[PDB]
4 protein chains.
Amino acid sequence: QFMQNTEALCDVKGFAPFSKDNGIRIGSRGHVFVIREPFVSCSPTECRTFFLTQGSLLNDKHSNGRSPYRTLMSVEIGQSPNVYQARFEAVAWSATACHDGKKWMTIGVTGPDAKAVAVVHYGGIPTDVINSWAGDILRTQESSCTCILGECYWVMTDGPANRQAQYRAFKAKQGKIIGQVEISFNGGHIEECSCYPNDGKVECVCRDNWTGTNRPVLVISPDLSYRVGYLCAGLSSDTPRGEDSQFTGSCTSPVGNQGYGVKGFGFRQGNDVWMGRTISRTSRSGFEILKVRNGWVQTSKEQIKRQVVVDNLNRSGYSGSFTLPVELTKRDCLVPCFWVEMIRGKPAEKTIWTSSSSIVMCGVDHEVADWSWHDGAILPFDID
Amino acid sequence: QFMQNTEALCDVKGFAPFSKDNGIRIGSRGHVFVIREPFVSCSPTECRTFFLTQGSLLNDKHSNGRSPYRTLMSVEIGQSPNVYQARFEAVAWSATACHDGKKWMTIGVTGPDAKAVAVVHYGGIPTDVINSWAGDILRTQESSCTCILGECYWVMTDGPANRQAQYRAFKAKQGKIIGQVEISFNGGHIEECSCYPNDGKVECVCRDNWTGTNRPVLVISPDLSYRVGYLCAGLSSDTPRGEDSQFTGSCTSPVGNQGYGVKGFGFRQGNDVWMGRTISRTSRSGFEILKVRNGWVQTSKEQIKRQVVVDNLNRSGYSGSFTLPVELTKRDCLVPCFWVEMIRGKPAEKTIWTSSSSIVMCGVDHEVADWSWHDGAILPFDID
Amino acid sequence: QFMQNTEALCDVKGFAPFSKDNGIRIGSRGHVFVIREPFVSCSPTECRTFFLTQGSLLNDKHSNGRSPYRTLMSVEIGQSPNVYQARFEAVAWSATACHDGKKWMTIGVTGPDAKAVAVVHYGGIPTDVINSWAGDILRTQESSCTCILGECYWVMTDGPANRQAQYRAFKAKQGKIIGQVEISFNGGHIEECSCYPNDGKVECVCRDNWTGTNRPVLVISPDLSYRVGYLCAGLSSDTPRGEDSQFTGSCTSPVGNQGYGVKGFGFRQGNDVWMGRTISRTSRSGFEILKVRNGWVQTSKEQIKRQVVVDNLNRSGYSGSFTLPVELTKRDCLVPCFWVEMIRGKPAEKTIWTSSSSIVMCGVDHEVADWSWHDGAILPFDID
Amino acid sequence: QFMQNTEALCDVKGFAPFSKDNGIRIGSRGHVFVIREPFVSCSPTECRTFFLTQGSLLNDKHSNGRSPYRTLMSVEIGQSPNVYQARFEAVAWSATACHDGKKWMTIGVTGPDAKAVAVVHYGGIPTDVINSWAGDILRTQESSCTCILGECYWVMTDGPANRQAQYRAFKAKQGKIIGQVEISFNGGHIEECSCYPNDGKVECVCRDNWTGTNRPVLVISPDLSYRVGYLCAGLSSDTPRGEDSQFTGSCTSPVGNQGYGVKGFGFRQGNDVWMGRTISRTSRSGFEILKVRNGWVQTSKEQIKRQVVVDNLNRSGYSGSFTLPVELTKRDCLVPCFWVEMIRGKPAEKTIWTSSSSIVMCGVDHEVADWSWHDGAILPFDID
Ligand SMILES: *[C@@H]1O[C@H](CO[C@@H]2O[C@@H](C)[C@@H](O)[C@@H](O)[C@@H]2O)[C@@H](O)[C@H](O)[C@H]1NC(C)=O
Ligand SMILES: *[C@@H]1O[C@H](CO[C@@H]2O[C@@H](C)[C@@H](O)[C@@H](O)[C@@H]2O)[C@@H](O)[C@H](O)[C@H]1NC(C)=O
Ligand SMILES: *[C@@H]1O[C@H](CO[C@@H]2O[C@@H](C)[C@@H](O)[C@@H](O)[C@@H]2O)[C@@H](O)[C@H](O)[C@H]1NC(C)=O
Ligand SMILES: *[C@@H]1O[C@H](CO[C@@H]2O[C@@H](C)[C@@H](O)[C@@H](O)[C@@H]2O)[C@@H](O)[C@H](O)[C@H]1NC(C)=O
Ligand SMILES: CCC(CC)O[C@@H]1C=C(C(=O)O)C[C@H](N)[C@H]1NC(C)=O
Ligand SMILES: CCC(CC)O[C@@H]1C=C(C(=O)O)C[C@H](N)[C@H]1NC(C)=O
Ligand SMILES: CCC(CC)O[C@@H]1C=C(C(=O)O)C[C@H](N)[C@H]1NC(C)=O
Ligand SMILES: CCC(CC)O[C@@H]1C=C(C(=O)O)C[C@H](N)[C@H]1NC(C)=O
Ligand SMILES: [Ca+2]
Ligand SMILES: [Ca+2]
Ligand SMILES: [Ca+2]
Ligand SMILES: [Ca+2]
């Protein structure tokens, strides 16, 4: 049976802690991959954490830091990314994964920068390929893809990381690419889309790495018509970004004139929006989630909820979205969840290596207090 | 199929050894979580050990000792709480878990002391939340919850650990809270209830951490009517406690005028009772189980059985109750079992860390000899 | 479905290598239990290796050598007895296990020498108990028990290890003891029986630790009538033993006037017999298997086959029997298999610890060449 | 259900990366077997990596280098050959394995050089044996065997490694040998065949270790009629070999007059051929795959595709073939895949040990760019 995933996303008032893997703490002694770019995706029976290894273990000389050793692997949600619980998925230095109700689809991108290859896998074997079409680091979401009615959808970019690039959406059935579309977005920039199903469409909130401090939004229909623009809200959710009091929103255009960025996410809540962001404006530190009234449709600054998940003295990193399927929840709507990556090590910290751990939160019908579920590893390590 | 668990508890004459995990011994070299608060709960197909990790491994610098790293995880009964066999359950510094016949329900409490959040999980995803209602360390059983006819029941406390607090019982179906009751117990104190099903009711034997050296008893009906009082028996089963020869029982009121306490358990046996206690009156050392004639209904001192499980030269700790379901036993009654936690390390011992291991015993129809299945680890460890 | 196991044992011409776990070699670096007394038993879907741990790991200070830490655990056949693949079965310093077609039955004996308790487990929970009836180390086979038509059978001893003791056979269904018999064997001694099904009976070949250099044989019928005596063959198969040229067989009585012994096995082959023995007469070194014409029924010295499995420069240890069920083989007969335990460490070798590894061989229809699949570990280890 | 595997092999234009296990990198710290001779084979539900351990772990003193410790084990494709994920298959210093749709068949050869024994296992138990028929290292493919319509086929050699030997093909059903044929190949030499199903036949491409720099080809029909010769193509694919510009092909006879060799593979593509080879002509370094027009039927030098997988500065080793079954792909043809073994350590490198890791590629309908997915371990290791 294919998962329909045609339901509305649930409207939620707060987010509760789902899991914490403690991967780095455990890796001081246990056998745990150096990783980065973790993400969560669910099947009808379980949620799993996916991650890009460096082909090396914490506290080993090989952790010394797009290589040909990076692989996509997965564990059950809340397990550390440890060697002896890991399932191999793909050769990959960029990836996305999702389940259609019947099997896991994973996409791993590997190969040379000038001519990369994305291998689509379905049920644990390779089934199709997409080669780079613009010759400049073909790359993808680093979070869950989205499956509706047995067809799965994802976004890729090829081109410069800091100026205009090219963006395509793809649709597959049972691991075969059956459609694609080029997304026209002159002046805009899309990287590392965080996508989820809502009302029979794929809604993605992405990263502008060129000039925008606000985030791109892309809404794809099953026939690959789409709409694209920027998240309307009058609060900026990229990093780096400027102060909220100097920010004016835009539904159409990049605002803030700053480079760089970080993968993040948001969720539509009718006309409102939940948006995540690092607490710091200049560095990947802290993590808060804000609900903004009419923030999906207008340049609103009307904050109605805020929750802190990692405090501002502690490192954060990427964040991303996924949903709980109704075959697990028995709800009439899709429950929205997110993860946060907490990066440790170089160059900010004096270590030879870099890795991350994660925390996962899911939408519930009550507000939840602020706290900090930070990484908690004690650096440097023995190897340093 | 839901488990009925409407049967009488079996009347048993002695307890036989079920498992011993040797977690600390194995942790001198293997990759094993620092834990405390282990417990056992069964499904129709297996028994599992649940435990609260410290987000760190034995013999690692992170084991140096309510943190945001503590997690609830589980293994099959008698496996050490090791990294590579562990199943992740919840973010938690207090917990309870049980199976309804179809899936595992777990509850993990995390967050700040002033405003904690308990996340209910069902079949490995979050499904409901209970926030602190009194603002002072919302907390729960640290042992098995109890499911009857597809509805599961547990006890929580919010308030002071050493004076009057507030106590509630909750009922859920498929991970959704469908009822709750405040337990009126003015002058009494309830913590860390050890509960089991008997004759279509939930019977719990708890810890009074305020003034009582005797244990509270709470009997909850499926409609959330209840009765509450103290275990009648004229022998005290908390620690610390006074000498038995200075003790007089009470069915209604705390006796002994001493603070502090330890999680323990008892089982009704018609009108008699099996009660566990540490052998020492002043410290968590040794473990014995006593059967007292009419001890459930009267202030009896008539001991009819005694069995030692850990001798008085060796550390003990918490203990708790669970039952074997009839779909495993094919009996006409629910078999009563208990576990004992054996704590090692600081402050009693000169180590930087604290953890525990466990032994599990089940009720049988013959008396079993005394012995000592103690922890057996050799301290200090390399890290110390 | 219960396994019938009513078929004749296959008549076999040689034995082929099934598995080798390399447990000690791997334990120089990996996380592997110190063990002894390994054995193999099969279900309709797989063969497993069972073993008695010391509650400690190789190369750790706890391996420094009937304790309360010993446990029965199991892995798939040919896996090292490593922590992260092990299934917990029982608290045990002596054990037996077997499958009835539906579930695993295990028996673990633990407790004090004067008053030990054997806990019967069935499908991973305790289900019955046998307490010591003579007050002197209740003990059992250390190899597979035998199930026929859904009823399982095993042998136990209680009493002195070096003079007359007492011996009982037990029958269980679904983990409940439904029958027992005392085996009258005045002047004889039975320990550590190696049993298998043949033609709807249980045939066991045991160890005489009192005066015999020949092995006891016990044949039990489903109704617990039995016959008992000694393996007829005019070659001695215990260790220690005398030279074959000074040996005369007996069907009825212990021969050779020597103490001590080692667990071993034999298989009836119509009127012939396969018998295992250490190659050395004085120490547990080497391992050979001999087929003797009419050796089951007469004091024959007519050797018709010989195969070496461990050469005489290498350590051996216990050996034992099990059979392959027809639901795995699709044969019309039960295939006979054996294992050999290869003990390493103290007192023979200069180490602080003692453990073993294993090799498993199964009966085939062709002769197989001699070789040596010895342990191969390099002692002492780092810990020594 | 038996797998038919009667379909044509798919005609493919390039090969995409399936997996990379990073076994040596991970083994610098993790618990990973010293191996060599890895290979991949698939069932209807998954692909697995098989490998011959040395009965020892990387970075341990036992890794110090046909022993009686070598075993055949397997993991899921892309897992390192680590202790705690490994499934035991056979005692083996040479091996082959394949699935018939219902169960795994494995063959492990062990024993003395003069009189080796090959044990056939089926569904995880031994089921038949083949003893050496020529008394000189009985040996087999070190890659996948081939199953068609429920019958499985493989090739073995017995005799000298460097002059004329003897070669047989065998057929089994459910682990029982039901047929065999001696392959007449006077003047030729066959070792380490790489076989796959194509159009209801078994096509194998092998290693000539006597005089040929070209590879033998053997095509076996289900009734054990066969044809044998050499791969026609006018490019040599063994190592060592001469320059392509001095090479003329032959369909019938060994060409190049050089000894030694390396296990490799090729795939028929109608009348064309994909052939793998090391990039170096003198050493096992680099790996490229070439498609040659009419290379199956004529001495063609017409190269139409080339892809590099390991560059020529990096070590390679053995390579081999397998196919994806239609029950995984839902295609109308069998997808061709190969693996490459990347050997590290002595004598080329200054270490006490030798092991390998692997990369796996599968046939797709687009060309894929050149890259290098080399081993990447940093030698020497701590133990050296
Ligand atoms: C980590 O690596 C440092 C840099 O080494 C150099 O750069 C790398 C990329 C390689 O090409 C290597 O060959 C070069 O030597 C070292 O200088 C340093 O020793 C390393 N540190 C530790 C603790 O292993
Ligand atoms: C264990 O920790 C001891 C105390 O350290 C101090 O307190 C903790 C809570 C942290 O805030 C830390 O920053 C402080 O330094 C140490 O003094 C001691 O080194 C540690 N021992 C070992 C063996 O790791
Ligand atoms: C192994 O143990 C040796 C003997 O120790 C003594 O006997 C044991 C049974 C215990 O009671 C212990 O308390 C006694 O100290 C030691 O002398 C020796 O250090 C140990 N060796 C190693 C390498 O750990
Ligand atoms: C590795 O082994 C070297 C050679 O040792 C000798 O040869 C082997 C086959 C055995 O017979 C052994 O008994 C002999 O001693 C050693 O000389 C060397 O120490 C070893 N190296 C390390 C680092 O373990
Ligand atoms: C190459 C552009 C890309 C998106 C901005 O840079 C990413 C940014 C990163 C970052 O900002 O942390 C690390 C990513 N692993 C990297 N992606 C790849 C494929 O290299
Ligand atoms: C906070 C009061 C509570 C019950 C008395 O104290 C417990 C006692 C403990 C103890 O007495 O050993 C340790 C428990 N982990 C702690 N519980 C929590 C949630 O912190
Ligand atoms: C206690 C008598 C018994 C049988 C002879 O001794 C056995 C001999 C042993 C041996 O000879 O190797 C080791 C066994 N683990 C031991 N059994 C127990 C339960 O201790
Ligand atoms: C014995 C001849 C054989 C085929 C040429 O040599 C092989 C070559 C090898 C090699 O060339 O790398 C290593 C193999 N493990 C070895 N096979 C066996 C069974 O020893
Ligand atoms: Ca930006
Ligand atoms: Ca108290
Ligand atoms: Ca004897
Ligand atoms: Ca050659």
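Here is the naming used below: chain letters follow the sequence lines, and residue numbers restart at 1 for every chain. One-based numbering, in listed order, for ligands and for the atoms of each.
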Colleague: Per the PDB entry, what is the name of the chain that shares the largest number of close contacts with ligand 7?
Modeller: Neuraminidase
Colleague: I keep wondering what the drug at ligand 7 is called.
Modeller: oseltamivir carboxylate
Colleague: I'd love to know which other chains sit under 4.0 Å from oseltamivir carboxylate (ligand 7), counting non-hydrogen atoms.
Modeller: C
Colleague: Nearest protein heavy-atom contact for atom 10 (C) of oseltamivir carboxylate (ligand 7): which residue, which atom, what distance?
Modeller: C:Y318 OH, 3.2 Å
Colleague: Identify the closest protein heavy atom to atom 18 (C) of oseltamivir carboxylate (ligand 7): which residue and atom is it, and at what distance?
Modeller: C:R66 NH1, 3.9 Å
Colleague: Heavy atom of C:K263 under 4.0 Å from oseltamivir carboxylate (ligand 7)?
Modeller: no
Colleague: Heavy-atom pairs closer than 4.0 Å: do any link oseltamivir carboxylate (ligand 7) to the side chain of C:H189, the backbone, both, or neither?
Modeller: neither
Colleague: Among all protein heavy atoms, pick the one closest to atom 6 (O) of oseltamivir carboxylate (ligand 7) and tell me residue, atom and distance.
Modeller: C:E192 OE2, 4.7 Å
Colleague: Considering only non-hydrogen protein atoms, determine which one is nearest to atom 15 (N) of oseltamivir carboxylate (ligand 7) and report residue, atom name and distance to 0.1 Å.
Modeller: C:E37 OE2, 2.7 Å
Colleague: Define the binding site of oseltamivir carboxylate (ligand 7) with a non-hydrogen cut-off of 4.0 Å.
Modeller: C:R36, C:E37, C:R66, C:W93, C:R139, C:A161, C:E191, C:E192, C:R207, C:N209, C:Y260, C:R284, C:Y318
